[PDB]
Novice: 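Below is a structure containing cefoxitin (bound form). Please help me interpret it.
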Amino acid sequence: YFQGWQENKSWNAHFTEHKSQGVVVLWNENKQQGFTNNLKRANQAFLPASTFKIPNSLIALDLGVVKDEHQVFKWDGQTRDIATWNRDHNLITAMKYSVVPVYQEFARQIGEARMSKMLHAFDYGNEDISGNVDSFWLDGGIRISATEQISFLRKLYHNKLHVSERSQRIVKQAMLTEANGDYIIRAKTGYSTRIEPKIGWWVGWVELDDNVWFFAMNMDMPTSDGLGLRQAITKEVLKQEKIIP
Ligand SMILES: *C(=O)[C@](NC(=O)Cc1cccs1)(OC)[C@@H]1N=C(C(=O)O)C(=C)CS1
Ligand SMILES: [Cl-]
């Protein structure tokens, strides 16, 4: 059961408007239909970078590295570039502000053996954790494409990943990004800088009253000045398709 990714190059106007290039992939859950502006880049695999916080949190929770979304992970004292990293954090706040050292410690505690076994169970990307156990999603060998992200998120939404239902619900809670009377967005941003090409990520889904639209976008990010375009371009596509007002 798969009809195919229906191409819609109309969305490229939003990329060129902001002098950007990239891909947006949408998936209508109720109708089982996928749509993208660039079928090739939709299957192009990249480093997941901070979007790896979704599987990392799941494993850490299911193994007991993280007890719940309230456990405090104390700042190790090292002053870092991002100001919000230099405080204590919980799972909600570590995901919101994308606190790498918190998740690097998660990976070290998970272990290379369990990280590989768990990502194979998740069917996540190329399932290659080669590199440092606490940095392989930043400069190692793991690659995931936008369509593979949607595939992974769909299983997470339906509690179908091979971790406990509780772990999956906690992560989906920590993914909450926006909510109003019209929609709910559960998503994770991402930014890959070490290995070329430099790209920005945004993967997640839009919850409506009677449907859910999964999305996974990436775009060339030569400078950090356009990080806001990850969400801005994604929403412009969502508004054009009448998914959000
Ligand atoms: C996750 O993507 C994030 N990105 C970076 O720190 C960029 C890199 C540094 C070394 C290799 S990639 O941490 C891994 C966080 N990402 C975001 C985001 O937009 O999601 C941030 C703005 C904070 S750093
Ligand atoms: Cl929630």
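To match the PDB entry, the residue numbers of chain A are left as they are there, and the shown ones run 21-265. Because only heavy atoms are used, hydrogens play no part in the values below, and waters and symmetry mates are left out as well, while side chains stay in. Atoms within each ligand, like the ligands themselves, are counted from 1 in listed order.
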Novice: Across the whole structure, where does one find cefoxitin (bound form)?
Specialist: ligand 1
Novice: At the binding site of cefoxitin (bound form), which chain contributes the most contacts (name from the PDB entry)?
Specialist: Class D Carbapenemase OXA-48
Novice: Which organism does the entry credit as the source of chain A?
Specialist: Klebsiella pneumoniae
Novice: State whether the shortest distance between N or O atoms of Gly210 and N or O atoms of cefoxitin (bound form) falls below 3.5 angstrom.
Specialist: yes
Novice: Which is closest to atom 17 (C) of cefoxitin (bound form) by heavy-atom distance: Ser118, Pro121, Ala69?
Specialist: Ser118
Novice: Relative to the heavy atoms of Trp105, which atoms of cefoxitin (bound form) are at a distance of less than 4.0 Å?
Specialist: 24 (S)
Novice: Provide the number and element of each atom of cefoxitin (bound form) under 4.0 Å from a heavy atom of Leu158.
Specialist: 11 (C), 12 (S), 14 (C)
Novice: Measure the distance from atom 13 (O) of cefoxitin (bound form) to every protein heavy atom, then report the residue, atom name and distance (to 0.1 Å) of the closest one.
Specialist: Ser70 OG, 2.8 Å
Novice: Please determine if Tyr117 has a nitrogen or oxygen closer than 3.5 Å to a nitrogen or oxygen of cefoxitin (bound form).
Specialist: no
Novice: Can you check whether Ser212 has an N/O within less than 3.5 Å of an N/O in cefoxitin (bound form)?
Specialist: no
Novice: Within the structure, does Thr209 bring an N/O atom to less than 3.5 angstrom of an N/O atom in cefoxitin (bound form)?
Specialist: yes
Novice: Which atom of which residue holds a covalent link to cefoxitin (bound form) as deposited?
Specialist: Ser70 OG
Novice: Students should be able to answer this: which protein heavy-atom is nearest to atom 8 (C) of cefoxitin (bound form), and at what distance?
Specialist: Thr213 OG1, 3.2 Å
Novice: Within cefoxitin (bound form), which atoms have a heavy atom of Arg214 less than 4.0 Å away?
Specialist: 10 (C), 11 (C)
Novice: Find all residues with any heavy atom less than 4.0 Å from an atom of cefoxitin (bound form).
Specialist: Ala69, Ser70, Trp105, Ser118, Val120, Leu158, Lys208, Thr209, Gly210, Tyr211, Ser212, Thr213, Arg214, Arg250
